[PDB]
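Okay, structure first, notes after.
Below, chain A is the first sequence line, B the second, and so on; all start at residue 1. Note: hydrogens, waters and symmetry copies are ignored here, and every other heavy atom, side chains too, is used. Atoms within each ligand, like the ligands themselves, are counted from 1 in listed order. Partial entry shown, contacts counted within.
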Amino acid sequence: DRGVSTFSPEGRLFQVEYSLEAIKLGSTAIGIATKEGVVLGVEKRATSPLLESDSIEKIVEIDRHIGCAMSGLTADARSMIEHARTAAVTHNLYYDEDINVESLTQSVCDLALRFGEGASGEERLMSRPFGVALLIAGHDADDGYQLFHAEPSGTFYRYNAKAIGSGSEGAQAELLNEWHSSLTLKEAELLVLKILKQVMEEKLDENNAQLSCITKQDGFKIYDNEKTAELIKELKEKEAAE
Amino acid sequence: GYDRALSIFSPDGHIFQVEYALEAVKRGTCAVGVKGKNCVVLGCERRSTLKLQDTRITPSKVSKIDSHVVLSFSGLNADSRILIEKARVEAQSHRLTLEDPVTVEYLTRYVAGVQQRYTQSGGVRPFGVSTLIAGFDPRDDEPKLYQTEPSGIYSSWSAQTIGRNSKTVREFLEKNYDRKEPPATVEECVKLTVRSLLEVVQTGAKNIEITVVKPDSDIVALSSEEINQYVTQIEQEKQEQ
Amino acid sequence: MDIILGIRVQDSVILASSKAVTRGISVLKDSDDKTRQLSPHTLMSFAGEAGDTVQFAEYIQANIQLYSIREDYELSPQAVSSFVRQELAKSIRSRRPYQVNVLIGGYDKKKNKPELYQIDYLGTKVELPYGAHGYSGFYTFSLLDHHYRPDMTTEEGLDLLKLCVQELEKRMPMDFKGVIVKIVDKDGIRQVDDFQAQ
Amino acid sequence: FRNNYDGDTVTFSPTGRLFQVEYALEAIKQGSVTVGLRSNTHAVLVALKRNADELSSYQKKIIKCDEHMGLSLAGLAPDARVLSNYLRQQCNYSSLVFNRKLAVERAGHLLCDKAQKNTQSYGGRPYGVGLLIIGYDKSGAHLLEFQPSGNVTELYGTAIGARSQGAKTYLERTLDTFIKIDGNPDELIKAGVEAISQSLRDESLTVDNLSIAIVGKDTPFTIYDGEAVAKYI
Amino acid sequence: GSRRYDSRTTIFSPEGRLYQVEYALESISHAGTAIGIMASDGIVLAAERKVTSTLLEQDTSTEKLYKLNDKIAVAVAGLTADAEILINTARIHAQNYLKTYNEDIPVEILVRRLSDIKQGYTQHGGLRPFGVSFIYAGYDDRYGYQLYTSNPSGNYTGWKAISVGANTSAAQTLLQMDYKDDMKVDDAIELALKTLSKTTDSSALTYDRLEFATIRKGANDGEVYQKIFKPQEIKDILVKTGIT
Amino acid sequence: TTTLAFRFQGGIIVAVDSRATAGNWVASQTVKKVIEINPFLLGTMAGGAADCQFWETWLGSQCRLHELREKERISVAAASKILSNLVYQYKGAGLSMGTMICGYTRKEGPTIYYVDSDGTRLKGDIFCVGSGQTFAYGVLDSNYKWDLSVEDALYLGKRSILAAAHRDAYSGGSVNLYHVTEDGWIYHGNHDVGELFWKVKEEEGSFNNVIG
Amino acid sequence: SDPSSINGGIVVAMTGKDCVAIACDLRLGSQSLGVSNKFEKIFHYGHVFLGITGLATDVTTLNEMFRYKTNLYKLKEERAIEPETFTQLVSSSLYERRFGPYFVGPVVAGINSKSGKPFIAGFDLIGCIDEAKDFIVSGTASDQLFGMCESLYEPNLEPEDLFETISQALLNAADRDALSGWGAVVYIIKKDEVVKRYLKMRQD
Amino acid sequence: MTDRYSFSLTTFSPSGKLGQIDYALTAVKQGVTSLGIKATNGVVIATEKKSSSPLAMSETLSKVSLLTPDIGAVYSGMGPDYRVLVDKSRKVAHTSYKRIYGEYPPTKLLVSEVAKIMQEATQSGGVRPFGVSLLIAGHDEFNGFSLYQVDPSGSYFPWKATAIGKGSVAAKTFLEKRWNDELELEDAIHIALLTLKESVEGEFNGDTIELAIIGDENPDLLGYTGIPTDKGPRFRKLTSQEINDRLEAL
Ligand SMILES: CC(C)C[C@H](NC(=O)[C@H](Cc1ccccc1)NC(=O)c1cnccn1)B(O)O
């Protein structure tokens with residue numbers, strides 16, 4: 001066959017590129033960073049009305065100051081979150097302080113390229129790259145509210161706003177237009193909800209999507225359904241107003 | 001020694017070995033779970049390729065993981081034993097360290113994690129198994145039902161089915177299960193479970209087994225007669241119209 | 001060394017275990033239950049080195065419970081005691097042996113006979129009508145040699161224990177803060193809540 | 001032909017080529033341009049940082065290895081993280097064990113040998129990144145070019161990445177002028193920014209778009225970005 | 001490297017089947033038929049010796065029937081050498097159990113273990129599976145007489161009567177027809193010999209082409225006896241049943 | 001060292017001294033012998049300073065990990081068993097700790113666990129640990145009732161440490177006081193023995209022996 | 001301190017005319033404290049008999065080990081192990097633990113089923129074989145047993161006579177040992193039958 | 001470096017064949033004929049010394065090997081494969097038997113060990129099956145005289161008489177006519193010599209033919225005296241001269 005870490009003639013890693021295709025098939029996730037916080041939203045996308053939608057967990061806490069959202073092969077994300085949590089708690093054990101959001105993201109990205117069938121450099125025992133992308137959001141004293149996009153290539157970019165998953169290219173153009181350095185948190189919540197509403201196949205309600213933020217004051221919160229539902233009432237009333 | 005990457009991505013972004021593991025589930029005998037207001041019922045079909053079996057000693061389809069949690073499955077029988085054992089071991093480990101039995105969600109997350117691990121480790125193939133895990137958290141009287149699959153994904157269902165012709169029985173449950181008013185009783189829960197299997201099994205006293213899980217470790221399997229009394233009554237409703 | 005006694009009567013096995021936990025100069029606790037239920041019809045009491053004691057008991061408990069789930073069946077007391085002995089037998093030649101002595105009392109639902117097994121930290125096992133670990137036996141074995149009958153009732157067996165505990169309270173130098181008493185019979189394991197004054 | 005001999009790094013082609021290594025080399029060309037150049041007193045790195053969206057950050061290209069040594073990257077960024085990290089450790093080992101700042105030449109040889117091991121063994125892969133290493137050691141200012149094939153070259157100047165050929169011809173032309181630009185940091189950087197602008201096409205080099213690094217005589221390796229590179233635009 | 005030559009023994013087909021298990025099963029189907037029948041007072045194992053010659057010493061021979069325990073035995077269909085590897089580990093497992101608990105190993109526990117070893121060769125290690133199907137005949141004090149079957153997949157099931165190897169379908173149909181729950185061992189003996197006699201791919205069913213065994217509570221003891229039939233004993237019992 | 005924890009009507013009282021010694025040398029009079037594991041969990045320290053401080057700070061991390069993993073507060077039983085089981089791994093290596101893990105979960109009510117480096121783990125209502133324990137026990141045992149007010153309980157705790165600080169050469173410095181309810185622990189101050197002693201004598205008539 | 005003197009216990013074997021005999025005491029102690037008077041130290045695999053003295057935990061372990069190995073042997077060999085062969089299996093099994101030995105004094109007795117020849121042997125804790133034609137002794141009263149045997153014994157005794165001899169040898173040796181006694185059992189092994197008798201003795 | 005062939009090289013084909021085992025048996029078919037015959041008081045194994053050069057000294061290459069004093073072996077197929085199996089067979093007879101019961105293993109068990117070594121070459125990573133079939137003949141106290149065949153798969157079967165390699169089908173037939181259960185050892189040696197003459201093309205003498213027996217104990221072959229129970233190996237290789245003597249009464 002062909003080695004799992006083979007380059008293409010264009011100079012790309014076959015497995016990483018294919019991994020990226022798996023992510024395009026995943027549920028939409030959107031993050032927006034403001035000076036009042038970072039909002040993280042996802043499309044639940046239940047496969048049946050018998051599925052208890054609130055058991056869909058695609059937004060997770062890493063630490064009080066870091067949360068993340070996932071898109072793609074979501075089962076692949078469990079050990080990534082486990083590593084992230086451990087890195088955060090561990091850092092705090094060694095340094096009596098919060099880990100920086102960037103350092104946390106870098107740690108997670110370090111895991112990403114540890115795949116192969118025995119590569120000469122260190123012990124990469126993972127048979128394939130992860131099939132999931134992550135949006136890591138948080139706050140720290142030095143560099144404020146931050147949003148990172150962590151890919152299975154080991155690279156991570158910082159974003160003012162970012163969408164990953166099925167509707168991502170569409171959602172991204174919409175984010176390109178709507179984002180400015182002055183949004184408020186409320187404006188950002190509404191804006192995630194709106195963009196998610198455009199790209200989603202079902203009718204977006206408080207059940208088939210989920211919102212969350214991370215602020216300096218209260219940490220990472222996952223909004224309960226009743227709170228999001230009122231924001232959904234509220235987005236409809238402003239779109240009707242013009 | 002043997003660490004060949006068997007589960008890899010193909011060009012369109014699929015992992016075929018996992019996808020094919022699902023095909024193994026599709027061939028397994030059907031399995032269904034419905035939660036009542038105050039119980040969970042697990043139903044399984046028995047195949048008829050061969051008959052002359054010893055039902056006393058033949059491994060039954062529903063497995064106790066602990067006194068309060070049960071597991072059923074569709075797919076490769078042999079593969080399922082590997083999962084059941086790891087789950088039973090973990091259950092005792094949890095009681096040993098935490099001093100509390102596992103929650104149904106905890107146990108489900110463990111089994112799913114094992115499943116996932118086998119999709120990104122050298123030299124192994126995915127489990128050709130999907131599971132239904134059901135029961136009650138220690139000291140909860142709120143019934144729990146979860147489903148796992150070869151990929152390692154898991155989630156909770158009011159009612160779910162897996163295996164051959166699960167497509168059919170899901171249809172039945174979808175237009176027959178109301179979340180507003182779960183089956184109020186063990187009896188009307190069991191009856192809904194048999195009904196769903198009767199869509200697929202096609203005449204089945206000895207072809208249907210039912211386990212009932214009630215709160216605080218009350219788990220019983222029904223006998224043929226008890227089950228057959230449900231089959232008899234259900235077919236009388238059809239002719240009375 | 002905690003008081004650890006056991007007596008097999010007609011239809012049950014009675015276990016009595018001292019309640020005190022003393023560390024150096026102080027009695028830290030006077031209501032310590034030096035016992036683990038291994039299965040619905042098998043009980044184990046234990047005494048020895050501080051940590052090893054509970055650590056060993058709970059580890060045996062976890063294993064028997066695992067067996068019960070895998071097989072949907074309860075091992076005979078003879079099987080459970082053989083399993084325990086083997087664990088202690090390995091333990092003694094390892095880097096840090098478990099310093100734990102145990103009594104296993106079981107009701108064998110297959111035969112309908114009570115059974116008492118004494119096993120020390122070396123993995124020395126013997127089946128007995130009555131047994132003890134540590135210094136307890138030095139006072140109690142003679143009482144029991146005198147007063148024991150194989151057809152005694154559970155109530156007679158409790159009176160005979162009361163005699164043993166009275167002798168220990170008179171002649172032993174330590175205050176062991178009384179015993180917790182448990183009966184193992186056809187119907188399971190129960191605790192006599194009234195031994196403080198019976 | 002080619003298709004039958006490019007499966008892994010352990011396979012020679014009939015002409016003696018190693019295609020997997022050549023494919024790694026292609027990741028460099030697809031990378032954003034970076035430039036390095038030196039006098040006898042200083043050495044400079046200039047890099048054009050790339051962004052994904054106008055909502056994205058520009059990905060960092062310059063890594064510090066010691067107080068006297070650092071590098072710029074073109075290609076797979078994670079591979080540069082692995083290799084700079086190794087270099088960081090070697091720089092570190094030299095100090096702890098020998099109380100000695102590692103010779104830039106010696107760092108060159110170490111990186112060569114590390115890359116090589118991945119071009120001859122099964123299940124491994126070549127590194128997919130090019131590196132430009134500058135430092136100031138006991139024999140003065142230094143610039144190095146690292147190729148994933150293992151080839152490390154000492155130079156006065158060079159550039160790697162997309163459209164890098166522009167700057168390379170500029171530096172080759174400027175050679176006699178910049179080699180003398182001693183005791184004046186701002187003029188050496190100016191020559192570097194002029195070199196890197198000979199490789200522009202797409203857009204202009206902006207404030208958060210530039211990255212510059214400097215090391216020399218009495219200057220510990222320092223990274224300049226944003227506002228701090230403004231006086232060079 | 002090596003990857004080139006790897007047959008990948010443990011992958012799924014697109015239809016979700018295991019190639020190597022299926023082909024092993026195909027190999028088993030050519031092997032001499034073995035029959036197991038459980039009665040109320042005992043169990044019968046019978047098997048057809050595949051390929052024979054005048055010069056084959058039958059007195060010293062064993063290829064199909066193996067003693068695992070004093071209370072458990074197996075009939076083999078498939079590669080004898082593969083079976084012996086498995087049989088030996090099974091004997092060890094039984095003794096490990098006996099040493100641990102001071103009780104003979106319950107029949108299922110042993111069967112599950114052997115089935116687990118087979119299952120492993122199906123999921124990891126890149127080796128071919130064992131080309132073996134087992135019929136287990138045993139007694140224990142929880143379930144009485146038991147009959148089990150395991151194959152290269154590592155799946156196992158319990159039966160009142162079963163066959164493995166060649167012509168199972170025909171043999172299964174024949175057993176389904178004539179088997180009755182109230183059967184005695186002596187009736188079971190006759191059923192097994194009839195069934196093999198009706199499914200042989202040879203002209204006629206002679207003693208030299210059989211191995212025979214019974215697990216009986218032989219009533220005068222109030223304990224269970226494994227009888228491996230000697231060649232003469234098969235020749236006798238073949239006459240009684242009316243095959244000569 | 002003297003540390004105590006007792007369970008009563010109002011929850012948990014935790015009281016410790018603050019002295020460290022190296023032989024007869026007083027190394028510190030300002031040691032913080034209570035570790036705030038979380039808003040609802042406290043640990044006390046007796047024996048080896050390093051051993052206790054390190055492994056109880058570590059416990060905090062293991063508890064925080066639990067809550068991220070199970071989306072719920074760690075139980076007192078589970079927290080204590082972590083430290084217990086860890087310490088048991090090291091049995092015979094020479095770890096030296098006498099420790100109390102105190103918390104108030106909904107499921108267990110107010111709960112105290114004693115954990116030491118021998119691997120002993122005990123649940124109970126009253127514990128005193130340290131070289132001055134026996135002194136604390138005399139005062140505590142003779143004035144304890146379940147039905148003590150939060151005020152009286154806080155005082156009995158504080159007074160028990162005072163007793164031990166006085167007689168035990170290796171106890172002293174100051175008293176640190178905690179009250180635990182389901183809402184979480186509440187700090188009730190640092191009371192220097194140098195001023196507390198005279199205050200208590202005068203107001204209580206106790207310590208009649210000492211000339212003052 | 002001495003693992004060979006904790007539980008206490010004696011075993012003795014003798015050859016006679018077309019017979020062998022093996023005997024043990026029944027005591028299981030823990031220093032001065034008698035714990036059990038039913039602790040038998042003779043075991044048998046097929047027609048081969050083994051008595052073990054020494055540390056009780058090792059006595060039990062070794063029995064379970066030889067049961068295990070003789071079971072496997074019989075399955076492969078399709079015959080019962082013989083006294084000569086078993087003696088070798090004991091030896092190599094003990095020597096295998098040379099520097100962490102079992103604290104036992106094993107004794108083998110039996111009649112070869114093929115040859116009718118009476119056979120006894122004794123071992124040290126590390127497997128050295130002593131194959132006497134007359135008697136073997138083992139345990140905390142071995143000095144006393146050597147004395148009794150060296151006087152009481154004569155060749156070619158009839159099973160009924162050999163019984164009287166070996167019983168006196170054991171009884172009188174045990175009564176001079178604080179750690180032996182509390183009952184006694186004697187096996188008279190003939191080709192055809194094996195008789196087992198419990199003796200009456202002092203219970204102090 | 002490092003053996004990275006951790007996977008089976010023998011696998012099942014769709015028809016259920018194990019290819020490499022078949023191919024090994026094919027290699028056995030090309031090999032020089034060997035045979036064994038079991039008498040009432042002995043066993044004989046024989047084969048042809050097919051020398052590869054008249055410059056070679058054919059005595060320096062024995063095809064009949066002693067495994068224990070009472071057990072001998074011969075083969076058909078690949079010579080070097082056989083040689084290493086002999087080394088291993090001899091060793092396993094010690095490590096798994098002599099060092100444990102102080103006696104040499106009975107024939108069936110040593111066979112059983114050899115067979116296992118061959119089975120493993122059929123399943124383990126990175127190996128090919130052995131390209132040989134063995135005939136193992138021996139004696140032990142409790143089983144008496146006994147002949148076994150071991151095939152590349154690891155299967156073995158007991159024989160009254162048989163032949164393997166080149167002319168096996170013809171030779172097996174010739175043995176079916178001549179064999180009875182009353183054969184004395186000398187008679188069996190005679191049948192062996194007749195049967196092998198059909199297989200040999202060229203010269204047929206004590207230099208070309210390699211023949212060994214398992215018969216009576218040979219105290220003259222022991223090397224020492226003084227232990228009554230050591231009464232000498234039952235395995236004996238016949239000399240060139242001993243063969244020629246029996247070829248004149250042929
Ligand atoms: C837990 C610590 C902080 C408190 C006290 N321990 C110490 O002072 C121990 C010695 C000691 C004394 C009495 C009993 C046990 C151990 N001292 C230290 O750990 C210590 C640490 N750093 C500097 C000097 N001493 B204690 O338990 O009396």
(message) Help me with this one: what macromolecule has the most contacts with ligand 1, named as in UniProt?
(response) Proteasome subunit beta type-5
(message) I'm curious - which drug did they put at ligand 1?
(response) bortezomib
(request) Return the chain letters whose heavy atoms come under 4.0 Å from bortezomib (ligand 1), other chains only. (result) F
(message) Could you tell me which organism the entry lists for chain F?
(response) Saccharomyces cerevisiae
(request) Pick out the nearest UniProt active-site residue of chain F relative to bortezomib (ligand 1) and quote the non-hydrogen distance to 1 Å. (result) F:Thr1, 2 Å
(request) List the residues that UniProt gives as binding bortezomib in chain F and that have a heavy atom under 4.0 Å from bortezomib (ligand 1). (result) F:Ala49
(message) Hi! What's sitting within 4.0 Å of bortezomib (ligand 1) if we only look at heavy atoms?
(response) F:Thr1, F:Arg19, F:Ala20, F:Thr21, F:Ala27, F:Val31, F:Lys33, F:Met45, F:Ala46, F:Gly47, F:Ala49, F:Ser131
